[PDB]
Amino acid sequence: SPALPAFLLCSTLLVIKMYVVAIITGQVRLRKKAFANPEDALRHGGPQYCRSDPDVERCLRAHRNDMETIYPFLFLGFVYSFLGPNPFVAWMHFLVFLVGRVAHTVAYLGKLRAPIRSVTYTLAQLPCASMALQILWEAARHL
Amino acid sequence: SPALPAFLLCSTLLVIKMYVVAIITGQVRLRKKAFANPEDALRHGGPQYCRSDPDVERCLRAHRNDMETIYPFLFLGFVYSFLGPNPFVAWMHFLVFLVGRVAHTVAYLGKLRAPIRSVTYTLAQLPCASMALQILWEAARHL
Amino acid sequence: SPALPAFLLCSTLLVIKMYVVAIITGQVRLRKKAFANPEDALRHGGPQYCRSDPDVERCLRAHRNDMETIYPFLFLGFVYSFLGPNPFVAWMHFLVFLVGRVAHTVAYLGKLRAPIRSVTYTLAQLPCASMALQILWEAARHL
Ligand SMILES: O=C(O)[C@@H](c1ccc(OCc2ccc3ccccc3n2)cc1)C1CCCC1
Ligand SMILES: O=C(O)[C@@H](c1ccc(OCc2ccc3ccccc3n2)cc1)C1CCCC1
Ligand SMILES: O=C(O)[C@@H](c1ccc(OCc2ccc3ccccc3n2)cc1)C1CCCC1
Ligand SMILES: CCCCCCCCO[C@@H]1O[C@H](CO)[C@@H](O)[C@H](O)[C@H]1O
Ligand SMILES: CCCCCCCCO[C@@H]1O[C@H](CO)[C@@H](O)[C@H](O)[C@H]1O
Ligand SMILES: CCCCCCCCO[C@@H]1O[C@H](CO)[C@@H](O)[C@H](O)[C@H]1O
């Protein structure tokens with residue numbers, strides 16, 4: 001598929017981007033001394049450190065939003081790649097998603113003013129919606 | 001694959017169904033004035049609106065359950081499609097999952113009496129379990 | 001693909017492992033009488049049972065970590081299988097992930113001392129990182 005290399009590049013970068021969030025989460029837990037498990041807290045200073053922290057919670061929300069958005073893209077974009085779309089159009093779909101999602105993480109973890117984060121979220125969803133509809137038509141017509 | 005069009009139809013509809021939940025979540029946050037981020041709250045009335053809401057939490061639980069169930073289906077159903085199953089049997093697997101999952105969201109967000117939601121959850125898991133076992137046998141025998 | 005049977009075996013076992021966590025979660029909710037929904041609580045003893053429980057929360061954290069790690073593997077490992085890697089090397093990637101993830105669930109739900117869980121988490125991520133980089137190179141060179 002001509003679109004597949006671009007899809008695999010963008011998707012893998014987004015998986016790596018999620019791994020970055022996972023690592024940041026751990027770093028914040030250690031720095032802020034905020035653990036979700038007693039066994040963790042007892043290792044890292046005592047039971048008083050089994051507690052919630054706003055920065056940790058923020059990291060978790062960013063990671064969750066990633067899972068809600070990037071995982072569908074992994075599916076939709078893979079299938080879309082094999083439908084034989086216009087190369088440039090396909091690239092635009094993938095680039096809008098990649099840029100939008102990277103911007104989303106920056107806006108979330110960087111605590112940027114509203115509605116920057118929400119805009120990046122919505123924007124990145126648009127190529128996903130587009131791919132979804134295209135797959136729907138292709139699937140339905142092949143029934 | 002003869003089963004693949006039906007799989008792609010059901011899967012894409014389920015992705016769209018998850019997007020519907022994502023949009024509803026936002027609508028409920030705005031209507032109930034309940035935001036998870038201070039930057040959101042300050043935009044939408046003040047810091048007192050950085051708060052939890054039962055309806056918002058319900059939306060999040062529905063979306064989470066979707067991610068726990070639909071994402072495995074996206075994987076299992078794709079692989080299963082290429083194993084050359086009986087067309088009608090394959091359709092039944094996909095339809096049970098689709099109907100069960102749509103019913104699940106309705107039961108969750110509609111606050112239907114127990115155990116309606118839990119039944120739909122369990123029911124929809126059954127075709128997934130079936131596909132999983134079939135893939136296990138095929139994979140193992142090809143080792 | 002020569003690596004594909006091993007990938008499909010390990011992946012399906014991990015999906016089943018996640019289903020086990022889902023079932024355990026339900027069992028713990030019923031045993032500890034801790035429900036997230038009023039409709040559930042009213043069915044199972046009264047409104048006082050709409051409450052949080054540490055064991056339930058632990059189950060949810062284990063399931064969430066699974067979704068953060070196993071879902072990327074489902075994607076990365078599938079693509080990696082088609083890149084024509086060394087059979088034994090591919091097997092090692094998949095086995096390290098499988099063993100690491102099973103150990104992770106045991107360490108989490110079994111409340112094993114730190115840093116056993118965190119080590120298993122980190123260890124299992126290493127083959128994923130490896131596959132991600134390999135896909136990046138292949139994708140980039142095919143642009
Ligand atoms: O939740 C936990 O178990 C801990 C924890 C432990 C390890 C973490 O990143 C590993 C990781 C994540 C992603 C990777 C991607 C590629 C390669 C290695 C990777 N490695 C994060 C949190 C925290 C709580 C106690 C101490 C920190
Ligand atoms: O969490 C947030 O960032 C906000 C928010 C912002 C946007 C939302 O839906 C976008 C969306 C979702 C799914 C889509 C699927 C297809 C096409 C467009 C799509 N667009 C939801 C919540 C809420 C908090 C502050 C205001 C609401
Ligand atoms: O959250 C809920 O809806 C309930 C609930 C209900 C059912 C559950 O496992 C089903 C399941 C899960 C995974 C499967 C995998 C294969 C085959 C059947 C499978 N079946 C768990 C929790 C709990 C709250 C009220 C009572 C328990
Ligand atoms: C893909 C991973 C991107 C990580 C984005 C990290 C954004 C760091 O941005 C930082 O955010 C802080 C608030 O959290 C601010 O105090 C700093 O001014 C800002 O530099
Ligand atoms: C795929 C998306 C399906 C959305 C299902 C929304 C269900 C709306 O159902 C509504 O639920 C309310 C309680 O929340 C009740 O007050 C109403 O009687 C009922 O109509
Ligand atoms: C793939 C699913 C694996 C489930 C792992 C369950 C681990 C059970 O392990 C149990 O944990 C208890 C604490 O929770 C301890 O009291 C027990 O000593 C221990 O046997």
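Protein chains get the first letters and strands the later ones, always in sequence-line order, with residue 1 at the start of each. In listed order, ligands and their atoms are each counted from 1.
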**Message:** Could you check which drug is at ligand 2 for me?
**Reply:** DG-031
**Item:** Main binding partner of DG-031 (ligand 2) (name per UniProt)
**Value:** Prostaglandin E synthase
**Item:** Chains under 4.0 Å from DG-031 (ligand 2) (heavy-atom)
**Value:** A, B
**Prompt:** What protein heavy atom sits nearest atom 18 (C) of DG-031 (ligand 2), and how far off is it?
**Reply:** A/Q125 CB, 3.7 Å
**Request:** Kindly identify the option in A/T120, B/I23, A/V119 whose heavy atom sits closest to atom 12 (C) of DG-031 (ligand 2).
**Result:** B/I23
**Message:** Which residue and atom name correspond to the protein heavy atom nearest atom 9 (O) of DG-031 (ligand 2), and how close is it?
**Reply:** A/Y121 CE2, 3.9 Å
**Message:** Test your reading of the structure: does A/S118 have an N or O sitting under 3.5 Å from an N or O of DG-031 (ligand 2)?
**Reply:** yes
**UniProt glutathione binding residues in chain A within less than 4.0 Å of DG-031 (ligand 2), heavy atoms** = A/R117, A/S118, A/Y121
**Asked** Which transmembrane segments of chain A are near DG-031 (ligand 2), taking near to mean a heavy atom under 4.0 Å and numbering the segments from the N terminus as in UniProt?
**Response** 4
**Message:** Does the residue A/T122 have a heavy-atom contact with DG-031 (ligand 2), meaning some pair of atoms that are separated by less than 4.0 Å?
**Reply:** yes
**Asked** In this entry, what is the source organism recorded for chain A?
**Response** Homo sapiens
**Prompt:** Where is the nearest protein heavy atom to atom 16 (C) of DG-031 (ligand 2): which residue, which atom, and how far?
**Reply:** A/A129 CB, 3.8 Å
**Prompt:** What is the residue list for the binding site of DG-031 (ligand 2), using non-hydrogen contacts under 4.0 Å?
**Reply:** A/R117, A/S118, A/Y121, A/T122, A/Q125, A/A129, B/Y19, B/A22, B/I23, B/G26, B/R29, B/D40
